[PDB]
A.B. asks: 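Working on a deposited model featuring perindoprilat. Questions ahead.
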Amino acid sequence: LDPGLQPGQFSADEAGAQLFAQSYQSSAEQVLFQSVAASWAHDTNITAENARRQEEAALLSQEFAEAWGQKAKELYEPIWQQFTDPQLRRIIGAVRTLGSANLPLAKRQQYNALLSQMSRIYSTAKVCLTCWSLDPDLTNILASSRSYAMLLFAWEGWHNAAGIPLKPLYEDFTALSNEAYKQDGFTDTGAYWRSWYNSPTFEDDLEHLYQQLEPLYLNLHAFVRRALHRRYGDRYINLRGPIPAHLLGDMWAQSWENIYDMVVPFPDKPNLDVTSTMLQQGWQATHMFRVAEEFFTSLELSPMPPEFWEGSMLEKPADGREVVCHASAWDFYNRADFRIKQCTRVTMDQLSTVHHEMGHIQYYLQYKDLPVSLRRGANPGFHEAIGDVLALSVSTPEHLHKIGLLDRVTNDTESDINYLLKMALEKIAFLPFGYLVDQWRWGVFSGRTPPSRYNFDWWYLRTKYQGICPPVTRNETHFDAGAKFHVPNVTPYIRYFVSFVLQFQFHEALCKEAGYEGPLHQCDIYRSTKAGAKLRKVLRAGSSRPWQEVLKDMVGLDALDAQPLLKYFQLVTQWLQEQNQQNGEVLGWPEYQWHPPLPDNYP
Ligand SMILES: *[C@@H]1O[C@H](CO[C@@H]2O[C@@H](C)[C@@H](O)[C@@H](O)[C@@H]2O)[C@@H](O[C@@H]2O[C@H](CO)[C@@H](O)[C@H](O)[C@H]2NC(C)=O)[C@H](O)[C@H]1NC(C)=O
Ligand SMILES: CCC[C@H](N[C@@H](C)C(=O)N1[C@H](C(=O)O)C[C@@H]2CCCC[C@@H]21)C(=O)O
Ligand SMILES: *[C@@H]1O[C@H](CO)[C@@H](O)[C@H](O)[C@H]1NC(C)=O
Ligand SMILES: *[C@@H]1O[C@H](CO)[C@@H](O)[C@H](O)[C@H]1NC(C)=O
Ligand SMILES: [Cl-]
Ligand SMILES: [Zn+2]
């Protein structure tokens with residue numbers, strides 16, 4: 001470790017720890033910057049040489065974290081917890097957690113290389129026979145093909161191509177990750193991930209939320225299953241069984257927006273999916289990002305700085321070059337550089353993804369002046385909810401009218417149901433998936449799910465929560481979890497479930513602050529400077545305060561609460577129940593063993 005980056009001497013008391021944290025912050029920004037910069041260079045240009053550089057940078061980060069971590073322990077182990085300064089305890093608590101820097105050097109290299117190889121396999125995997133990429137080719141097929149055989153070819157092809165080679169690497173990664181975090185005092189990596197919520201009853205609290213939400217999902221599922229049955233027939237759709245996992249518009253069946261045209265209750269009302277209008281009008285990536293920015297500035301939040309426009313990658317590069325297409329928002333930790341990397345396509349769901357990613361950036365802009373350790377959301381679910389809350393206003397027919405994407409205006413019960421059903425396809429359908437992913441991973445980290453049961457336990461959870469089944473046979477050579485970006489990229493997932501509840505709590509509070517006084521689902525906070533000020537206080541706080549207190553100031557309650565979500569969806573919840581009863585549906589999938597046959601000439 002370069003001399004200028006190494007820790008000096010500090011007295012063993014709160015006054016020294018303040019000087020320590022300031023010296024740390026000088027050197028940390030340089031170290032974070034080089035790490036993020038090397039990751040950027042790799043992820044926008046996947047080559048062997050860029051992976052090598054990234055590995056070296058990660059290694060430097062570890063040397064940094066070890067030196068400053070072990071000094072923090074040496075001086076403040078017995079006493080950091082009793083510091084008067086809450087911000088300082090949070091800083092010292094972060095610096096003392098070494099993570100992968102607890103591993104000896106040879107295992108650090110192995111860990112760094114596994115992350116790099118797993119990333120590569122996911123982002124370069126192809127389906128052949130002339131080769132399709134995930135983004136855009138398979139994405140587009142899952143979205144818009146209504147051919148059972150074509151969808152199956154894409155689904156199976158992707159799961160096989162990405163999952164199978166990841167399996168041996170993921171096993172080695174899990175063992176190293178656990179060994180690392182066990183030296184920080186955690187029973188397993190999952191226990192560390194959960195510690196971010198700073199709640200002793202986190203798992204129970206989440207289970208209690210899911211219990212309230214489950215009926216909404218069961219009714220949506222049943223209604224959609226019926227529509228699919230009318231399309232695909234009795235051979236491929238079982239009205240008492242799980243839905244084949246490739247038919248819901250998305251590779252992971254995680255949001256069902258893309259099958260909106262098959263399930264729309266009242267097709268004579270305005271067409272609420274404005275993708276065809278965006279194409280018809282010649283929208284490009286750059287317009288999408290400008291439109292999102294202007295929402296932010298309408299609230300008197302910050303514009304994207306020059307550095308964002310100059311540095312970002314907003315389209316898939318046309319020179320063939322390999323990139324990580326999965327959308328992400330980047331803080332370089334120098335208070336100047338912030339970027340989005342997205343292989344943007346011109347669709348309505350991409351418009352929401354653009355807002356999601358710009359949400360992250362906005363967080364980074366508002367807390368950039370905090371100590372590095374505090375540059376994060378109050379919890380990870382907060383960071384995930386910011387852009388989604390704005391996108392709730394954007395997708396309102398009223399708002400779409402104002403930005404020229406929906407010519408016809410209507411305010412009637414049928415139009416309301418169409419809108420709420422579309423939003424349910426996006427939000428309610430996702431809930432089981434958001435909850436299940438880390439239940440899977442927590443099991444793997446704890447050792448409840450050994451390699452020999454990775455796929456069996458994955459599909460157990462997929463069926464249990466989503467009520468889907470694999471459309472071809474799977475065995476433990478398959479590693480279907482590995483075909484979802486966040487697993488090889490080691491990104492936690494429970495944040496999204498938290499986000500999907502929290503965003504409706506935020507929505508409710510911001511609407512009320514805006515002075516709006518109609519139905520919650522018709523609220524648009526566009527141009528509300530007051531809503532903007534309330535959101536700004538959250539973003540500026542970073543992780544400097546407990547998330548429960550931040551939530552209380554914002555929404556008036558110190559806990560996650562499903563009631564705002566329930567209220568938002570109330571009309572369609574009631575409608576869907578009524579539709580399902582009158583059609584005599586079975587709620588759930590009691591033929592839990594059922595799988596569809598292979599199509600006649602498959603492949
Ligand atoms: C769309 O219409 C709803 C329905 O409410 C109307 O109430 C009267 C204003 C009258 O127009 C009736 O035909 C409808 O029943 C509007 O919501 C109401 O808004 C007022 C004040 O903004 C509020 O006090 C009411 O409680 C609201 N209605 C209820 C009970 O939900 C709504 O504002 C209209 N939305 C748009 C996008 O124009
Ligand atoms: C490294 C994390 C990237 C991630 N990228 C997005 C596209 C993402 O993976 N997700 C999650 C997903 O796509 O699995 C769901 C989440 C809900 C709204 C839109 C997409 C959001 C993010 O910015 O959280
Ligand atoms: C991609 O990386 C290679 C080396 O790995 C480098 O020489 C090349 O310039 C990069 N491509 C672009 C255009 O960024
Ligand atoms: C798993 O499935 C594939 C194809 O369906 C097959 O080749 C393989 O032998 C199966 N069993 C094992 C033990 O992997
Ligand atoms: Cl998380
Ligand atoms: Zn996100």
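Start at 1 with the first residue, then count along the sequence. Looking at the header, which is where the method is noted, we find X-ray crystallography, 2.0 Å. Counting starts at 1 for both ligands and their atoms, following the listed order.
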A.B. asks: What ligand numbers or chain letters correspond to perindoprilat?
C.D. replies: ligand 2
A.B. asks: Report, by its name in UniProt, the chain making the most contacts with perindoprilat.
C.D. replies: Angiotensin-converting enzyme, soluble form
A.B. asks: Please could you name the atoms of perindoprilat that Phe500 approaches to less than 4.0 Å, counting only its heavy atoms?
C.D. replies: 17 (C)
A.B. asks: Would you mind listing which atoms of perindoprilat come within a distance below 4.0 Å of any non-hydrogen atom of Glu357?
C.D. replies: 5 (N), 6 (C), 7 (C), 22 (C), 23 (O)
A.B. asks: Counting both backbone and side chain atoms, is some N or O of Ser328 under 3.5 Å from an N or O of perindoprilat?
C.D. replies: no
A.B. asks: Counting heavy atoms only, name the option from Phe497, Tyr496, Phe485 that's nearest to atom 24 (O) of perindoprilat.
C.D. replies: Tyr496
A.B. asks: Is the closest N or O pair between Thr353 and perindoprilat shorter than 3.5 Å?
C.D. replies: no
A.B. asks: Look up the UniProt domain of chain A holding most residues in contact with perindoprilat.
C.D. replies: Peptidase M2 1
A.B. asks: Check if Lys484 has a non-hydrogen atom at a distance under 4.0 Å from any atom of perindoprilat.
C.D. replies: yes
A.B. asks: Answer yes or no for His383: is there a heavy-atom contact with perindoprilat below 4.0 Å?
C.D. replies: no
A.B. asks: Taking non-hydrogen atoms only, is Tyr493 closer than 4.0 angstrom to perindoprilat via side chain, backbone, both or neither?
C.D. replies: side chain
A.B. asks: Please work out which of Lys341, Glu384, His356, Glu426 has its closest non-hydrogen atom nearest to atom 21 (C) of perindoprilat.
C.D. replies: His356
A.B. asks: Using non-hydrogen atoms of the residue, decide whether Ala329 is closer than 4.0 angstrom to perindoprilat.
C.D. replies: no
A.B. asks: Going by distance only, is there an N or O of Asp388 that falls short of 3.5 Å from an N or O of perindoprilat?
C.D. replies: no
A.B. asks: Heavy atoms of the protein only: does one fall short of 4.0 Å from atom 16 (C) of perindoprilat?
C.D. replies: yes
